[PDB]
Engineer: 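Can you read through this structure? Questions will come right after.
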Amino acid sequence: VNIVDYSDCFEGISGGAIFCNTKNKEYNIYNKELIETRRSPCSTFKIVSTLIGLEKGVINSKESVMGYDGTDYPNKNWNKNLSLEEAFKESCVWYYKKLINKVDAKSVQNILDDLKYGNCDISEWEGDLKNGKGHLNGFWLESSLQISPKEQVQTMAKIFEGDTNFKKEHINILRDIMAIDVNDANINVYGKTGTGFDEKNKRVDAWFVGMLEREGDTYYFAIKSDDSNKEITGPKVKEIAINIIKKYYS
Ligand SMILES: *C(=O)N1C[C@H](NOS(=O)(=O)O)CC[C@H]1C(N)=O
């Protein structure tokens with residue numbers, strides 16, 4: 001466990017980072033207090049909810065559809081019968097809500113328990129209804145389920161090192177749809193952003209969680225901001241994460 005200073009890449013934004021290489025067990029941690037604090041995963045939960053849907057047969061491939069019903073949404077790309085790959089990349093809320101609501105709560109509870117997914121608290125299945133957004137809510141979106149960045153990395157490692165019971169075919173679907181382009185062919189980066197606002201503490205929950213492969217070595221990582229500035233989003237923290245990867249992990 002090495003405590004590190006990535007503050008220059010955070011460019012004044014409050015947050016922390018954790019990178020873990022499980023081959024040689026090198027844990028690099030910036031802002032240890034934050035990295036151990038549990039928070040809502042927000043859209044980073046799509047990593048796990050995709051695998052749940054595949055395991056239960058609700059979806060089957062990166063082409064799989066969820067039966068769009070014509071409801072009007074402000075995001076153009078949500079207004080179509082999109083595939084799993086597109087719903088993941090466009091963070092289509094209705095697709096992932098419909099997917100998870102086809103799965104019984106005990107199945108979800110047991111999978112989260114097996115993954116040690118934070119507090120594994122799905123008690124508020126419906127999510128944070130007081131924000132007025134109705135069915136565009138769920139237990140993983142600023143609601144009962146909370147996970148620390150360190151726990152995110154531990155879960156990512158267990159999934160992608162093949163240490164869970166999820167099918168390899170399903171892991172590979174997730175890998176494909178998580179891959180991102182960082183304009184450096186010499187590293188393979190995979191990840192997912194998340195964005196929420198913590199109304200109790202007046203702070204954002206801005207996430208980028210994923211993994212990095214660079215010549216035999218793999219790092220699992222979670223970058224997280226808790227800034228009070230509402231302008232700080234998941235996509236912004238992904239930029240920060242990319243800067244760290246290029247500076248220290250290339
Ligand atoms: C996930 O955190 N969400 C879904 C969507 N995309 O977020 S992302 O750009 O950080 O991946 C909008 C924000 C958030 C939500 N409000 O549900």
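Numbering starts at 1 and runs along the sequence shown. Only this structure's heavy atoms are used, side chains among them; waters, hydrogens and symmetry mates stay out. Atoms within each ligand, like the ligands themselves, are counted from 1 in listed order.
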Engineer: What's the drug at ligand 1?
Structural biologist: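 At ligand 1, it's avibactam (bound form).
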Engineer: Report, by its name in the PDB entry, the chain making the most contacts with avibactam (bound form, ligand 1).
Structural biologist: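 Most contacts: Beta-lactamase.
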Engineer: Within avibactam (bound form, ligand 1), which atoms have a heavy atom of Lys192 less than 4.0 Å away?
Structural biologist: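 Result: 11 (O).
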Engineer: Could you check which of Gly138, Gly234, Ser91, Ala206 puts a non-hydrogen atom nearest to atom 6 (N) of avibactam (bound form, ligand 1)?
Structural biologist: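 Nearest option to atom 6 (N) of avibactam (bound form, ligand 1), by heavy atoms: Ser91.
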Engineer: Which avibactam (bound form, ligand 1) atoms does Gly194 reach within 4.0 Å, using its non-hydrogen atoms?
Structural biologist: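 Answer, ordered by atom number: 2 (O), 10 (O).
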Engineer: Which residue and non-hydrogen atom of the protein lie closest to atom 1 (C) of avibactam (bound form, ligand 1), and at what distance in Å?
Structural biologist: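 Sorting protein heavy atoms by distance from atom 1 (C) of avibactam (bound form, ligand 1) puts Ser43 OG, 1.4 Å first.
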Engineer: Looking at the deposited structure, to which atom of which residue is there a covalent bond from avibactam (bound form, ligand 1)?
Structural biologist: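 As deposited, the covalent site is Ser43 OG.
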Engineer: Determine whether the side chain, the backbone, both or neither of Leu141 has a heavy atom under 4.0 Å from any heavy atom of avibactam (bound form, ligand 1).
Structural biologist: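 Side chain only; the backbone of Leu141 stays clear of avibactam (bound form, ligand 1).
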Engineer: Evaluate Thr195 for polar contact with avibactam (bound form, ligand 1), using N/O atom pairs at a separation under 3.5 Å.
Structural biologist: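 Yes, since at least one N or O of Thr195 sits under 3.5 Å from an N or O of avibactam (bound form, ligand 1).
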Engineer: Considering only non-hydrogen protein atoms, determine which one is nearest to atom 11 (O) of avibactam (bound form, ligand 1) and report residue, atom name and distance to 0.1 Å.
Structural biologist: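 Answer, as residue, atom name and distance: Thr193 OG1, 2.5 Å.
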Engineer: Please could you name the atoms of avibactam (bound form, ligand 1) that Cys42 approaches to less than 4.0 Å, counting only its heavy atoms?
Structural biologist: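 Answer, ordered by atom number: 2 (O).
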Engineer: Taking heavy atoms and a cut-off of 4.0 Å, what residues surround avibactam (bound form, ligand 1)?
Structural biologist: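 Within 4.0 Å on heavy atoms: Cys42, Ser43, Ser91, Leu141, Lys192, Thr193, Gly194, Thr195, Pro235.
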